[PDB]
Novice: 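Structure of interest includes resiniferatoxin; see the questions below.
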Amino acid sequence: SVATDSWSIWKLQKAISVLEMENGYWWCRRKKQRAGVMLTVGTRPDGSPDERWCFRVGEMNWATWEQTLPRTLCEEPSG
Amino acid sequence: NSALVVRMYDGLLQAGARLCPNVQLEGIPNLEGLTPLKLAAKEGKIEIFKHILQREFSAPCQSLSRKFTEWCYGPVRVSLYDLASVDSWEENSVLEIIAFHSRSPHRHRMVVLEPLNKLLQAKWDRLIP
Amino acid sequence: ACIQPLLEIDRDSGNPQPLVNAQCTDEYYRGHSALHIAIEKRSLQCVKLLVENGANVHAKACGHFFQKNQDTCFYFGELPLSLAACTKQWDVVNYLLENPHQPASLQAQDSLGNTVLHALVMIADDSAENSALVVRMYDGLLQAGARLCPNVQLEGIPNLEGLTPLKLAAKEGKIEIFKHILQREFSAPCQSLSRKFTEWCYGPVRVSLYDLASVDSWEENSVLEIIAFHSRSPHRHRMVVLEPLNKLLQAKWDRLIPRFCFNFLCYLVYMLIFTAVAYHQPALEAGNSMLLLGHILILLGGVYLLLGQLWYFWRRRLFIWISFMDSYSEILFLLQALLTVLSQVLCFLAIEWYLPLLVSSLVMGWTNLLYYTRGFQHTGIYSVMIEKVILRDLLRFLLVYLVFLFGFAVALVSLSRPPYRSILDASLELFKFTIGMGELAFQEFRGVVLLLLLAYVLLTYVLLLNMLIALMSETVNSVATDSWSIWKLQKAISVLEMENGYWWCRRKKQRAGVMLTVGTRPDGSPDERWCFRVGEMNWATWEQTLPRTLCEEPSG
Amino acid sequence: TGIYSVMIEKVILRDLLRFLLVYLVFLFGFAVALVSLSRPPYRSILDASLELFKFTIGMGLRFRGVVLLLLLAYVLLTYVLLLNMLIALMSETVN
Ligand SMILES: C=C(C)[C@]12C[C@@H](C)[C@@]34O[C@](Cc5ccccc5)(O[C@@H]1[C@@H]3C=C(COC(=O)Cc1ccc(O)c(OC)c1)C[C@]1(O)C(=O)C(C)=C[C@@H]41)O2
Ligand SMILES: [Ca+2]
Ligand SMILES: [Ca+2]
């Protein structure tokens, strides 16, 4: 057996719990709220602006210097 | 197999942006009402499921990407992950599919993926009380 | 194209406070300057231009974003030079060091008192790509520093925490560079910068010298003292085994075997007196004065142990607070001393509760004797695994087992036998069965009792297998080298405490290294160093080239 | 059968002797603490430690509370040593 599996199987157990908690026992309709923040990622193929509900994940990569820089939304670190 | 699938799949999305811009190909459901991503989730196709969630495209046709970078300073950066088909808020979400609908032995492997694992950690922290 | 015109306008507008040096103001981005931006954008041509128009090459970006403790924040030192260095832009670094108008200074330090070396120690992590970068830049700056400022020893500059780059690497658990610094050799002219030399070399054999400056216990806040007590990294034990330190710590131990055995005898004796005192206790009712003699010693020794442990925690443990995981052995001695002194007070004050406290201190005192097993390797590893198993692993098994025990205990007594249940007597009677002590007693629904019992015995067995499997899985997954290091660090703790001294102080013990004139041509008088000599034997040396040596022969 | 006898010798010497050293210290220390509690016709620390050993085998008011609590910790620690000894064997065989 893969050593990582037991840990992932647990994270899935939590995933089951979290989703059912959001449903609710008898007061079911309360835990209905979107996650993440909605931002304008860019323009679509269809002229309208491409807006999306996004989740923020911080990253640090030390080998990126050689590769090209990605197009970014903001000009400087914010928040 | 996986290397072909991601390479072919992406090449078709780019072509679709040029040949049929108004059409969102990943929005077309099948008779079972599953989009390609939800299908990958239900059928336990990890490698492409992973690739779709964290997709990056440069210069033209930038829009068809599920991962973006808000800002970047030196090594640090903040990445944005599209949650459209992902968020539990929506009906028949990817998470709900994996949690309950999928019948692959490796569902647990699927939960631990960059956008989903962080998201589930966030929701858990909110639900401790 | 607008920057050069734009700045000329600003100057021609009579701005007293030039625009180029304008800096950000919010607590988040405080201090950032246009030069910082040009460096981060990796544009030397822009860097040159900003400097050529009076850009302050020593402006500090001190805001929250540029701080070491924050999450999703980049700490690179605060200065432009540290930025360029920390983002691997030698083309920028060289210009900041070599431009004629305004050379950047290698001595400059930030709000934390950190130089470019300090920062490079901070940004480094154990990933391979990062580590290779840091050493390359770190060394490349030392060579430059030898050229730009010979008289200054850059690694000698401490920060506000009084830590040099090496000590910083030690406290922050930066192995790859810490290891590199200790085993550093230079082949270029600046031979003085290297900390490793070869005294002499004969055939396959040779002796290598390791600089002990920041390492040796003689100086305050030594690397060894820092790692043992100040560092708070999980892989600190990994650092102790590095080539120069392991040999060095073994040397210090070998000289300290007597003191260890002596202290073992003392504690053993103290326990024997403690043993006799508790055995001869008669509860309600020269010789009787001698029994008081015993109690006196116990009180005297218990405070001394309590004082000693307090001194250990008093000396360096004030900012640690809960160091239970780090020093499991140290805690028990304090509790034993604490419990022993408290027991004597009650004994003097005729309190009937002292006896439990007295015996409790006795039993614990003898068990604590396992402390001294660290002298030998085999027993030392066994004692380490005891500590590990008891500490982290037993809590979870027991917590689960009680739930099974309690739940099954209530159900079986409630089922068997107006009927008087004792949760204690119940759980006790069921625990002793598994423990093998006693046997279950029939009340005289027997059928249900048997089925329930079957579930218990098997399920209890399942828990054992999980504990074995979970315990077993840790050993296979754990690196074979890892378990041994934890012991060598325990020894490192002992040697350092012995060098501290008792209450009748035995300080300023003899230095462990030998001082030699490693460098012939420093800028000035010859440079002397306290080095540790380590013998080496290499049978594949014939193909490789011979190293430059201090001596010509093993003699001298 | 001959290799089986080789492993017995190895296990007895390197692993069991080490357990025995730790186990005896625990046995002595806990036996004396239990005797000091008993306190009169005094059972010898030997006679006591014997009584505590046969207790483990299952053969068979400060006094009541401490006596029981101390014993419960004893049974656990003795089992810990066995589990540790078993773990020590597994790590030795792989190497
Ligand atoms: C608070 C702690 C850390 C602690 C105190 C007591 C209860 C302890 O059991 C533990 C856990 C325990 C409690 C109750 C039942 C089983 C286990 O571990 C130690 C503590 C652990 C033991 C077992 O011996 C050891 O700790 C090994 C050891 C001793 C000294 C060392 O310097 C050492 O470092 C390597 C290791 C001795 C006891 O203190 C003891 O003699 C009594 C009566 C119980 C043991 O609790
Ligand atoms: Ca049995
Ligand atoms: Ca067994």
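Proteins come first, then strands; the chains are lettered A, B, ... in the order of their sequence lines, and each starts at number 1. Shown: partial entry. Contacts: counted within the shown part. One-based numbering, in listed order, for ligands and for the atoms of each. Reckoned from all heavy atoms, side chains included, excluding hydrogens, waters and symmetry mates.
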Novice: Hmm, which bits of this model belong to resiniferatoxin?
Specialist: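 All copies together: ligand 1.
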Novice: Using a heavy-atom cut-off of 4.0 Å, which other chains touch resiniferatoxin (ligand 1)?
Specialist: C, D
Novice: What source species is given for chain C in the PDB entry?
Specialist: Oryctolagus cuniculus
Novice: If you take every non-hydrogen atom within 4.0 Å of resiniferatoxin (ligand 1), which residues does that pick out?
Specialist: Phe324(C), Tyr328(C), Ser329(C), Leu332(C), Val363(C), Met364(C), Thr367(C), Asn368(C), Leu370(C), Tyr371(C), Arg374(C), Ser383(C), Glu387(C), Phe26(D), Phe30(D), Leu70(D), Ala73(D), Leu76(D), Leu77(D)
